[PDB]
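Structure of interest - contains foretinib.
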Amino acid sequence: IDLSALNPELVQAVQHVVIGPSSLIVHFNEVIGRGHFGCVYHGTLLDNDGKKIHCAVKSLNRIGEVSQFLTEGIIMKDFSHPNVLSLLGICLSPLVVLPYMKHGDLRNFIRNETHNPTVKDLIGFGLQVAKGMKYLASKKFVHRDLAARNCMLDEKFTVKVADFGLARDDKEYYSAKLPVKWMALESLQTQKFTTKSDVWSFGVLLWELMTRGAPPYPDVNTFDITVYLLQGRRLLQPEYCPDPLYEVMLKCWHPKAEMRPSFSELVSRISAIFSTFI
Ligand SMILES: COc1cc2c(Oc3ccc(NC(=O)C4(C(=O)Nc5ccc(F)cc5)CC4)cc3F)ccnc2cc1OCCCN1CCOCC1
């Protein structure tokens, strides 16, 4: 890369979170995942006393695409919440270094046939997500792509709200590239986004949790979802979804953004629902 050909604002930021190349071992045959524009590798981060930290290392495959890449990392830099993915740092492709998430993404986790998360566990993951979003919303950050495929799960089954960004593999869900079936009605009609539109996404995420990762509206084509919603139609109540959790989802999908619950309300109500389970 030619550092000169990027905004000095992005440049000094990336220097506050820099990781010297000699502190980071990237294992290049050890590919976690590779999409069209980016890839992710296993990595080892050494600290100044020699202790090894297993990490994921995100990379570009390939000025514009480099400036976007670096910006995606920099956005994350000050998120510090246990339900939001954090940045370990950036190494000058430039390398964005993330903590390793043993269980990968939440959608793949809940679809895995060899494990049985209970209805309680699934509601539990939804609650963790609500807590990460309450934090993001407190910082006035709008996610715009909240979905189970963008939430990670660590060795302690802690959910980390994240966004694969350029490293998206799973791309059929986008059609601007737009995750239309997680989108609020007014984002679909205006291509504009808010915290209340993340709330709409959140309700769809909860439906993913309760169906163990079923695809939403599978008999609806990308572009047709707008008129479907305007006809007064919504996602059906999953078989094991408690009535009050389905009522939560419906409130998330209210046509008036301002009538959707806040993430603070979601946290309190879903905590109550979750506590009712043996
Ligand atoms: C595909 O599998 C994996 C991907 C991983 C990973 O990927 C990323 C996730 C997010 C970002 N974020 C980003 O690049 C950014 C982002 O996150 N920003 C952001 C946005 C909003 C927000 F609220 C917080 C952060 C774009 C910068 C970057 C990544 F590289 C990071 C850490 N560990 C991972 C482990 C994985 O599998 C382990 C194998 C698990 N198995 C399961 C069972 O079968 C065996 C395999």
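So for chain A, numbering is the PDB entry's, and the shown residues are 1053-1114, 1118-1147, 1152-1228, 1231-1236, 1243-1345, in order. In each ligand, atom 1 is the first atom listed, and ligand 1 is the first ligand listed.
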Legend entry - Partner of foretinib with most atom pairs under 4.5 Å, per UniProt: Hepatocyte growth factor receptor
Inset, instruction - Using a 4.0 Å heavy-atom cut-off, say whether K1110 meets foretinib through its side chain, its backbone, both or neither. - result: side chain
Legend entry - UniProt domain, chain A, most residues near foretinib: Protein kinase
Legend entry - Those atoms of foretinib less than 4.0 Å from some heavy atom in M1211: 4 (C), 5 (C), 6 (C), 9 (C), 34 (C)
Inset, instruction - Using a heavy-atom cut-off of 4.0 Å, name the UniProt ATP-binding residues of chain A that are that close to foretinib. - result: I1084, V1092, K1110
Legend entry - foretinib to chain A UniProt active site: nearest residue and heavy-atom distance: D1204, 8 Å
Inset, instruction - Report yes or no: does a heavy atom of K1219 sit under 4.0 Å from some atom of foretinib? - result: no
Legend entry - Residue-ligand contact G1085/foretinib, heavy atom below 4.0 Å: no
Legend entry - foretinib binding site (4.0 Å, heavy atoms): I1084, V1092, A1108, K1110, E1127, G1128, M1131, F1134, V1139, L1140, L1157, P1158, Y1159, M1160, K1161, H1162, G1163, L1195, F1200, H1202, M1211, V1220, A1221, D1222, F1223
